[PDB]
Trainee: 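Structure of interest includes hycanthone; see the questions below.
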Amino acid sequence: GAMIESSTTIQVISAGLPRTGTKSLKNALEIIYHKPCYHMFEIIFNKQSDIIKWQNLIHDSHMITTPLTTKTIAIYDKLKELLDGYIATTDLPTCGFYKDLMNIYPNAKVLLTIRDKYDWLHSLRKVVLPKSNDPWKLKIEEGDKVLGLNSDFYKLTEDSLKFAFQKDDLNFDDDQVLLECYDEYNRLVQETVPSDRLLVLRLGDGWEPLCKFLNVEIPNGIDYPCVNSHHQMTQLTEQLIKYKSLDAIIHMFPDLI
Ligand SMILES: Nc1ncnc2c1ncn2[C@@H]1O[C@H](COP(=O)(O)O)[C@@H](OP(=O)(O)O)[C@H]1O
Ligand SMILES: CCN(CC)CCNc1ccc(CO)c2sc3ccccc3c(=O)c12
């Protein structure tokens, strides 16, 4: 196809929860658009200084009104500022703001990444939210310290998930609670977003439906990304602990990071 000059603004809002292929999707959008896509990894590796800013936004987000009041404009401006220079959003903490992002970026299209709820839960427990008594939790915390992630990071991740599920009293150790929130969250996205503006991507769907939805060619000779498996994250955590730095090992994780 012909090459056209794309605007550096949010063009794709992905409402999918972590462990549904968000990092692969982030990489896929960057291959298409040649500009950055937001993700929790963007905070971890490039934008740790914005942790407090995401926290402040969540703190004020209860004051959002779905016309537009004056308090919502202030919140919307901080969201737009946080995303300046990016062409898409995926993952926490952005995903729970999908409805507000649709208002801020009226010409952006919306994606929902989904998968089997039990596969999701098991992936979540291995990587990002182990049960409190799971010994692997202590390894995650040790690797996090190597990356410079402290208590404010843990607050932001939890608070952003509570915001996405619209539930402050969240028993993170309760599998049935989490599964119920996952199903209700995905149902609400599909009920909320007009179907002309939504594409639901199940894990493994690949380039095709995404590229058709976005009116772009499939990137020639590039396989759709497959990164961030729970096995690969376990290796990343163990390698961070072993070497005590990211830069000692980053060349071993060329696409994940
Ligand atoms: N192209 C692809 N095909 C199949 N699964 C994929 C994929 N890209 C990512 N995944 C899976 O999506 C999960 C990562 O999601 P996220 O990046 O949102 O955390 C991992 O699940 P598992 O932990 O079950 O392996 C990973 O294996
Ligand atoms: C050594 C491993 N370290 C660094 C890589 C894990 C860093 N942690 C996270 C990474 C990515 C994501 C979402 O992509 C989440 S989401 C979430 C949601 C609720 C609670 C915690 C988390 C969470 O801790 C996390």
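Residue numbers run from 1 in the order of the sequence given. Determined by X-ray crystallography, 1.5 Å, according to the entry header. Computed over heavy atoms, backbone and side chain alike; hydrogens, waters and symmetry mates excluded. Just follow the structure's listing: the first ligand is 1, and inside any ligand the first atom is 1.
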Trainee: I'm trying to find hycanthone in this model - which ligands or chains should I look at?
Mentor: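 Every copy of it sits at ligand 2.
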Trainee: Identify the macromolecule bound to hycanthone in this structure with the most contacts, using its name in the PDB entry.
Mentor: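 Most contacts: Sulfotransferase.
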Trainee: Which residue owns the protein heavy atom closest to atom 18 (C) of hycanthone, what's the atom, and how far is it?
Mentor: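 For atom 18 (C) of hycanthone, the nearest protein heavy atom is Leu92 CD1, 3.7 Å.
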Trainee: Could you check atom 5 (C) of hycanthone against the protein and tell me its nearest heavy-atom contact, residue, atom and distance included?
Mentor: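 Checking every protein heavy atom, the shortest distance to atom 5 (C) of hycanthone gives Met233 CE, 3.8 Å.
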Trainee: Look at atom 10 (C) of hycanthone and say which protein heavy atom is nearest, naming residue and atom and giving the distance to 0.1 Å.
Mentor: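 Answer for atom 10 (C) of hycanthone: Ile44 CD1, 3.8 Å.
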Trainee: What are the atoms of hycanthone, with element, lying closer than 4.0 Å to any heavy atom of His39?
Mentor: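 Going through hycanthone atom by atom, the ones under 4.0 Å from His39 are 14 (O).
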Trainee: Pull out every atom of hycanthone sitting under 4.0 Å from any heavy atom of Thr237, numbered as shown with elements.
Mentor: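 Reading through hycanthone atom by atom, the close ones are 1 (C), 2 (C).
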Trainee: In terms of residue, atom name and distance, what is the protein heavy atom nearest to atom 13 (C) of hycanthone?
Mentor: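 Answer for atom 13 (C) of hycanthone: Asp91 OD2, 3.2 Å.
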Trainee: Around atom 24 (O) of hycanthone, find the nearest protein heavy atom and jot down its residue, atom name and distance.
Mentor: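 Result: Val128 O, 3.7 Å.
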Trainee: Could you tell me which atoms of hycanthone, counted from 1 in the order shown, lie closer than 4.0 angstrom to a heavy atom of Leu129?
Mentor: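 What qualifies from hycanthone is 20 (C).
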Trainee: Give me the residue, atom name and distance of the protein heavy atom closest to atom 12 (C) of hycanthone.
Mentor: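 For this ligand atom, the closest protein heavy atom is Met40 CG, 3.7 Å.
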Trainee: If we only count N/O pairs under 3.5 Å, is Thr157 in contact with hycanthone?
Mentor: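 No: no nitrogen or oxygen of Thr157 is under 3.5 Å from one in hycanthone.
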Trainee: Please say whether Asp144 places an N or O atom under 3.5 Å from an N or O atom belonging to hycanthone.
Mentor: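 Looking only at distances, the answer is yes, because the N/O contact criterion of under 3.5 Å is met.
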